[PDB]
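Snapshot of dichlorophen at Transthyretin.
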There are 4 protein chains.
Amino acid sequence: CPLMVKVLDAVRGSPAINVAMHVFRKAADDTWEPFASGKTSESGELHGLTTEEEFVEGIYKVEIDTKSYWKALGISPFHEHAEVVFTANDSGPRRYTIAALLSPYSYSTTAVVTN
Amino acid sequence: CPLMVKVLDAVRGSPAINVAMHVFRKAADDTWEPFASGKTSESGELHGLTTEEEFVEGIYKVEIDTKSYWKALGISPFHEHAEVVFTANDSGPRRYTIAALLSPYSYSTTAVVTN
Amino acid sequence: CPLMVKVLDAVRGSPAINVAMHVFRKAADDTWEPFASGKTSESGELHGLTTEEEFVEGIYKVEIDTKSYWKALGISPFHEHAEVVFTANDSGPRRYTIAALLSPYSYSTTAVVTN
Amino acid sequence: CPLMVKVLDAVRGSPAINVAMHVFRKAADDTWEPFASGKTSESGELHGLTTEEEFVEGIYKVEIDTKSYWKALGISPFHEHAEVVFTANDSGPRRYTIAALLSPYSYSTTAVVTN
Ligand SMILES: Oc1ccc(Cl)cc1Cc1cc(Cl)ccc1O
Ligand SMILES: Oc1ccc(Cl)cc1Cc1cc(Cl)ccc1O
Ligand SMILES: [Ca+2]
Ligand SMILES: [Ca+2]
């Protein structure tokens, strides 16, 4: 599993469950092409987005639909979504964990990259 | 000044100086129309981006060129840029400050909305 | 003003107003000697804590009463307080800003050290 | 395992390995009594600090020795340590994960609390 995402809720102190996200990859004509999508599980994790063979070098974008998450809790948040954009596998295959910590008016994102 | 940006550097504990950013407004065709841009000052701040008359309700994207900032310091970063996408809504008088705290493999962004 | 504190609220996207804090300096017997205190202003800031003459090298602790802040808003928090412990070292002229970003189950703290 | 700690390094995008920490519990005479200690593993995690029977209601403090971590990497950081203080098990037994994301001049801490 070369690309995993983990989402936490800073207001409830819990994993952020059922958060939708879409992954895009920048194509040669400079447009974002759909690559994968899913929702976080009861542990706030989304696994199995791609495989090592499919996850080639490129620029990738992960859009995390945080607005729908907060709205379903009755909160009207600041951000439309959290956006994480990065170059992947530029120096060979790696495993990427993208983490996001969510509050209504603030979020953080970090990456753990292992070889 | 209805919209200001502040950028900080969590590695050196200083304002992030000379950071370039563009602001976009979402159009009817779901494309990003460039709206404003600048570089942060010696205090890590960017003012004068828009006016009250021009800053109408809509979805806005602030794209912060964090990769060039870290490259200038000789540090290999994870993200291509830091992206802040938000819905601007007229709920009374409101001035927006977007803050971003930068590390090579992590960033946080917060909004302070005051009257 | 060699030492200032700024406190923000990540749930409401506003300065954290009326937050109490104490500052301690570590003594020779490893006890915490109270040094200064105050409450944050309408801008979420606390100034005037110390002077250059008094703010000597040493280890300092800023203890921010975040629990009472969330309790006043009717929100059950995780932390008893937010604690910032740091070594102050004379490396040229230096003014310290301690920032803290608060959520019910999470906090971040940053230092901006400038000349 | 009712108390686990996870530490990440925001500069290298990796778990923070070999980070020491000490856990204290506030005694009836208002002093901090030693409770448990350990170092994070190759995955940045510290497990097996306590058991459900030993981990009674009380106020607990986790001191994470971040200064020694950065110093061993050649960085001179701002903070002496990261301090997390909280009331545990006030409404019955819970499982606590304390997470810390570290940069030289900034850190965040979050708690995931499950039943
Ligand atoms: O608005 C201000 C003003 C001064 C400072 Cl120093 C930090 C912030 C915001 C901020 C604080 C923290 Cl603790 C983390 C990330 C942030 O953007
Ligand atoms: O990956 C995990 C798994 C469990 C937990 Cl509890 C926190 C993180 C990362 C994290 C920590 C902090 Cl302190 C802030 C934002 C984060 O994504
Ligand atoms: Ca309206
Ligand atoms: Ca000295």
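Quick note on labels: first sequence line is chain A, next is B, and so on, each numbered from 1. First listed ligand is number 1; within each ligand, the first listed atom is number 1. Hydrogens, waters and symmetry mates play no part in the numbers below; they use all other heavy atoms, side chains included.
Taking every copy into account, the model assigns dichlorophen to ligands 1 and 2.
For dichlorophen (ligand 2), the other chains with a heavy atom below 4.0 Å are labelled A, D. The set of residues with a heavy atom less than 4.0 Å from dichlorophen (ligand 2) is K6(A), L8(A), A99(A), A100(A), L101(A), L8(D), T97(D), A99(D), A100(D), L101(D), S108(D), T109(D), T110(D), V112(D). For dichlorophen (ligand 2), the atoms lying closer than 4.0 Å to a non-hydrogen atom of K6(A) are 3 (C), 4 (C). When hydrogens are left out, the protein atom nearest atom 6 (Cl) of dichlorophen (ligand 2) is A99(D) CB, 3.3 Å; that is the closest non-hydrogen contact. The deposit lists the origin of chain A as Homo sapiens. The ligand atoms of dichlorophen (ligand 2) that sit less than 4.0 angstrom from a heavy atom of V112(D) are 6 (Cl). Under a 4.0 Å criterion applied to the non-hydrogen atoms of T110(D), dichlorophen (ligand 2) contributes the atoms 12 (C), 13 (Cl), 14 (C). Counted by heavy atoms under 4.0 Å from dichlorophen (ligand 2), the UniProt L-thyroxine-binding residues of chain A that qualify: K6(A). Within a 4.0 Å radius of atom 10 (C) of dichlorophen (ligand 2), the protein contributes no non-hydrogen atoms. When only non-hydrogen protein atoms are considered, atom 15 (C) of dichlorophen (ligand 2) lies nearest to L101(A) CB, 3.4 Å.
Remark: minimum distance from atom 8 (C) of dichlorophen (ligand 2) to any protein heavy atom is reached at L8(A) CD1, 4.0 Å.
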